[PDB]
A.B. asks: 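Hi! I'm looking at a structure that contains celecoxib and have some questions.
A, B, ... follow the sequence lines: proteins, then strands. Residue 1 opens every chain. Only heavy atoms go into these numbers, but all of them, side chains included; no hydrogens, no water, no symmetry mates. Just so you know, ligand 1 is whichever comes first in the structure, and atom 1 is the first atom listed for that ligand.
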Amino acid sequence: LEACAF
Amino acid sequence: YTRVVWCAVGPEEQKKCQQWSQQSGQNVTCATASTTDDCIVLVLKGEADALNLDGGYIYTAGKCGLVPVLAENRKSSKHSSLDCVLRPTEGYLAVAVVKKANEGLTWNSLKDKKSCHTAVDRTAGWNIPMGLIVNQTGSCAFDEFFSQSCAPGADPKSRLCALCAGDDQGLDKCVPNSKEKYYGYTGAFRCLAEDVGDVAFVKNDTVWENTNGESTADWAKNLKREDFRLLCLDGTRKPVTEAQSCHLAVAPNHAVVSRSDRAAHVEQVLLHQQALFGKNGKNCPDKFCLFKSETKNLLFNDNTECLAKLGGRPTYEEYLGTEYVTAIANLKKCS
Ligand SMILES: *[C@@H]1O[C@H](CO)[C@@H](O[C@@H]2O[C@H](CO)[C@@H](O)[C@H](O)[C@H]2NC(C)=O)[C@H](O)[C@H]1NC(C)=O
Ligand SMILES: *[C@@H]1O[C@H](CO)[C@@H](O[C@@H]2O[C@H](CO)[C@@H](O)[C@H](O)[C@H]2NC(C)=O)[C@H](O)[C@H]1NC(C)=O
Ligand SMILES: *[C@@H]1O[C@H](CO)[C@@H](O[C@@H]2O[C@H](CO)[C@@H](O)[C@H](O)[C@H]2NC(C)=O)[C@H](O)[C@H]1NC(C)=O
Ligand SMILES: Cc1ccc(-c2cc(C(F)(F)F)nn2-c2ccc(S(N)(=O)=O)cc2)cc1
Ligand SMILES: [Fe+3]
Ligand SMILES: [Zn+2]
Ligand SMILES: [Zn+2]
């Protein structure tokens, strides 16, 4: 759902 | 006009991209990384502009702010006056394929069998079947469902990589790029063909394109379509001619993504590059074919007729569609 993975 | 820097995943794509770069007179140049996730980081850093992505990876890229630019469009099934670039895309069918001789394997008996996946995080290879399996089993322990697998991008020492074979030298086992023998649609179908695995999660077109003489490649040249069956979610097995009634999902076509700030330039350059190098482009087959790579699906799928314009300037969620996005979201809750 949330933030960018990087 | 500026140059567009394409990101190639691994060395075989790098070599194709260098040929493209040469033929385009450096209108396109090349950056290369070992995995699709690393190419996505190169684009986020602005060290590359674009690459073409499976829907599962469009989800990753789009959570990071990159946007869809043009989509792969293969031969339509149903008639159209419309030019390929303007035709709406029809997703592809995600299927689970087994050998006809492995009688009595069905969807309902996949537990503890050997599986072949295109790569972790891809649509037909991973998100759709593992999403369905997590849901149906009520457990997030999808790394313990199959006894062994090849799922490029998983931990190389885990059972999800036990069946991966690595490159010519047996190096790079389980890396998610074409150097891994069993990577991608063609690699996962080869993993089944060679009976390394009992089931392959690929798309319908893969089975057709690598059977009955459609591939001359050494592992494929002798495969017969009648020796394969599809697994239906109702527990039945059908012939591979029945994929419209025996698939796991319809997937959104692979598409080019880029930084938002470069999408317009990337789109223009690509529309001009396929005029030259795409299906009957001015210079294909004489100088370079952007959508061929002897079945290896390098940069683009070999079955791509053109890259098509998107309707509605979609965001990545609109492009993937709300159902698939929530399916991915739900599955990512497991890790
Ligand atoms: C490389 O890109 C340049 C820049 O767009 C191309 O040069 C243009 O060619 C068009 C015809 O398509 C001419 O009308 C213009 O004079 C040129 N445009 C500009 C902005 O100078 C060139 O054709 C490209 N070549 C390849 C091989 O990709
Ligand atoms: C599954 O994939 C195959 C391969 O793409 C599809 O077969 C192609 O269908 C088009 C027209 O619909 C033909 O022009 C091609 O010649 C076919 N290719 C081959 C190799 O036979 C097939 O239609 C797809 N099945 C479903 C249900 O989508
Ligand atoms: C796995 O199950 C989850 C939970 O039901 C599914 O997520 C639901 O999908 C429907 C249809 O898109 C939505 O209306 C619900 O809101 C979703 N529920 C939740 C909790 O988000 C998901 O689609 C299933 N995965 C697969 C691959 O079918
Ligand atoms: C013939 C065909 C083609 C695509 C799809 C499809 C499926 C999905 C999903 F949610 F199931 F993944 N999305 N999705 C889709 C949705 C919206 C666009 S958009 N915004 O570019 O118009 C592009 C693709 C379905 C059938
Ligand atoms: Fe895919
Ligand atoms: Zn369906
Ligand atoms: Zn919109």
A.B. asks: Hmm, which bits of this model belong to celecoxib?
C.D. replies: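 It maps to ligand 4.
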A.B. asks: Which macromolecule here is the main partner of celecoxib (ligand 4) by heavy-atom contacts, as listed in the PDB entry?
C.D. replies: Lactotransferrin
A.B. asks: Identify all other chains that place a heavy atom less than 4.0 Å from celecoxib (ligand 4).
C.D. replies: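 Other chains under 4.0 Å (heavy atoms): B.
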A.B. asks: Taking heavy atoms and a cut-off of 4.0 Å, what residues surround celecoxib (ligand 4)?
C.D. replies: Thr89(B), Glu90(B), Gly91(B), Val250(B), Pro252(B), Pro314(B), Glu318(B), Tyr319(B), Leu320(B), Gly321(B), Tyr324(B)
A.B. asks: Which atoms of celecoxib (ligand 4) have any heavy atom of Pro252(B) under 4.0 Å away?
C.D. replies: 12 (F)
A.B. asks: Suppose I only count heavy atoms of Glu90(B) and a 4.0 Å limit; which atoms of celecoxib (ligand 4) are within that range?
C.D. replies: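 That gives atoms 1 (C), 2 (C), 3 (C) of celecoxib (ligand 4).
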A.B. asks: Does any N or O atom in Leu320(B) lie less than 3.5 angstrom from one in celecoxib (ligand 4), N or O only?
C.D. replies: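 Yes, at least one N or O pair falls under 3.5 Å.
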A.B. asks: Which UniProt domain of chain B holds most residues that touch celecoxib (ligand 4)?
C.D. replies: Transferrin-like 2
A.B. asks: Looking only at protein heavy atoms, which one is nearest to atom 23 (C) of celecoxib (ligand 4), and how far off is it?
C.D. replies: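 Its nearest protein heavy-atom neighbour is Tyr319(B) O, 3.2 Å.
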A.B. asks: Would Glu318(B) count as a polar contact of celecoxib (ligand 4), with the cut-off being nitrogen or oxygen pairs under 3.5 Å?
C.D. replies: yes
A.B. asks: Nearest to atom 25 (C) of celecoxib (ligand 4), what protein heavy atom do you find, and at what distance?
C.D. replies: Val250(B) CG1, 4.0 Å
A.B. asks: Just to confirm my output: which protein heavy-atom neighbour is closest to atom 22 (O) of celecoxib (ligand 4), and how far is it?
C.D. replies: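 For atom 22 (O) of celecoxib (ligand 4), the nearest protein heavy atom comes out as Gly311(B) O, 4.3 Å.
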A.B. asks: Under 4.0 Å from a heavy atom of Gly91(B): give me the atoms of celecoxib (ligand 4) that qualify, with their elements.
C.D. replies: 1 (C), 2 (C), 3 (C), 4 (C)
